[PDB]
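Opening remarks: the structure here includes DSM265.
Sequential numbering from 1 along the given sequence is applied to the chain's residues. Basis for what follows: all heavy atoms, side chains included, without hydrogens, waters or symmetry-related copies. The way this entry was determined, per its header, is X-ray crystallography, 2.8 Å. Counting convention: from 1, in listed order, for ligands and their atoms alike.
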Amino acid sequence: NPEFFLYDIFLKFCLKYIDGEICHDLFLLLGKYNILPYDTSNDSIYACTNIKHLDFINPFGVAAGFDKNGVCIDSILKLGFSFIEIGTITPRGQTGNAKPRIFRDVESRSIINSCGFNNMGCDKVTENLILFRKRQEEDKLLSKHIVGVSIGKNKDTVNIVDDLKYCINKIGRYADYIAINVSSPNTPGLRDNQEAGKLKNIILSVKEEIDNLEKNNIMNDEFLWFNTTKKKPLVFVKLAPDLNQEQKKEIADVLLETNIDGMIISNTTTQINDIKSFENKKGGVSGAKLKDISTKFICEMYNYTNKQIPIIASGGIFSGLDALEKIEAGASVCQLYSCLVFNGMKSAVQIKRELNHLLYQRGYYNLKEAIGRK
Ligand SMILES: Cc1cc2nc3c(=O)[nH]c(=O)nc-3n(C[C@H](O)[C@H](O)[C@H](O)COP(=O)(O)O)c2cc1C
Ligand SMILES: Cc1cc(Nc2ccc(S(F)(F)(F)(F)F)cc2)n2nc(C(C)(F)F)nc2n1
Ligand SMILES: O=C(O)c1cc(=O)[nH]c(=O)[nH]1
């Protein structure tokens, strides 16, 4: 439509002139007031996908950190995405690091950030997710759309687990899945939770808290899980790419022993030095330059877990081609972030088109057939 096209001009303009986090908040606001366009197209039934009994109408969603506070869930989903991951949230509100903390290099289609864990806190965000869930009962276009919640610990909290336990109790009833990220380069001490021993501990503790939600309520699943699945939320974990081969296999074991529901590969990276505008900057890099690193990480973990744990792709996905690399590498689902920044609101419509056409030309019957074909 012209709707998309006109908006994308405004965005390209904003991208050139205006600060990144200012732009982000501006368009989140436009989405909050529901003046963004819709993709009302039927999605190809041949590009369906799932992770266990969690079904996605199409294989593209938005990654955590994009709508941290769940203020814009409807509008973003209606751009053509099958799901969104809100957060990362923490039990208490944070301001995050000092601004500016997000910068973009257009030529390389990359971003670096040191947001450091800004969100309105779990309590307020739960009210936002509840309001959405109420809207979802009335909106034809939100049916079968999935909302995951990314959860993490406040800055100065001694134990991670006590933070996540609070988050699950408050918001776990409204979530279709829970993403645990011990993968973030913006707060010190988070990533050491990636050891196998502490991880196993965290993962178990999360499943037990979710399982406890079921036990302590007296209602049936219909009137207990105020989400889309109407079941208890799945448990994913998100991994940073800056690990060595021993760490990755050590972790790979854990995820199996815990029987986790999926792994999100990957988060941002600190190991990129060839971006000129970014040399002054600290933080984690995302976008195109993260693409090849990310994909490799999927192949590794796909092999190390011996293909029992489903994978969710994140890192430099812009095109239907990029998407297929992640799928053949072993991903069931893809998440976009940087693409929305650089390609705009058309990204979902566009990338779904490109992938559908490729699946044809590559002779795939459906998307599931292509999963892990390396
Ligand atoms: C400004 C910014 C904030 C982010 N915040 C989070 C976050 O809070 N939690 C999280 O798991 N990932 C966060 N991410 C990482 C994204 O979820 C995603 O994994 C990463 O950007 C790679 O996607 P991409 O290459 O398509 O951009 C953030 C990324 C950016 C650029
Ligand atoms: C022009 C621009 C846009 C943008 N993000 C963005 C882009 C579009 C939308 S949306 F979701 F318009 F409908 F697609 F609201 C939401 C967020 N960001 N995000 C950043 C950043 C990297 F700072 F977060 N810079 C941006 N610049
Ligand atoms: O919000 C952040 O600080 C953040 C979290 C994360 O997981 N990855 C990232 O790059 N930034």
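- The location of DSM265, copies and all, is ligand 2.
- In this complex, the main macromolecule engaging DSM265 (ligand 2), as named in UniProt, is Dihydroorotate dehydrogenase (quinone), mitochondrial.
- Site of DSM265 (ligand 2) with heavy atoms closer than 4.0 Å: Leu11, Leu15, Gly20, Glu21, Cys23, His24, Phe27, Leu36, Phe66, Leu79, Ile102, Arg104, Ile111, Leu340, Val341, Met345.
- Within 4.0 Å of DSM265 (ligand 2), counting heavy atoms, one finds these UniProt FMN-binding residues of chain A: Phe66.
- Heavy-atom distances to 1 Å put the closest UniProt active-site residue of chain A relative to DSM265 (ligand 2) at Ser184, 14 Å.
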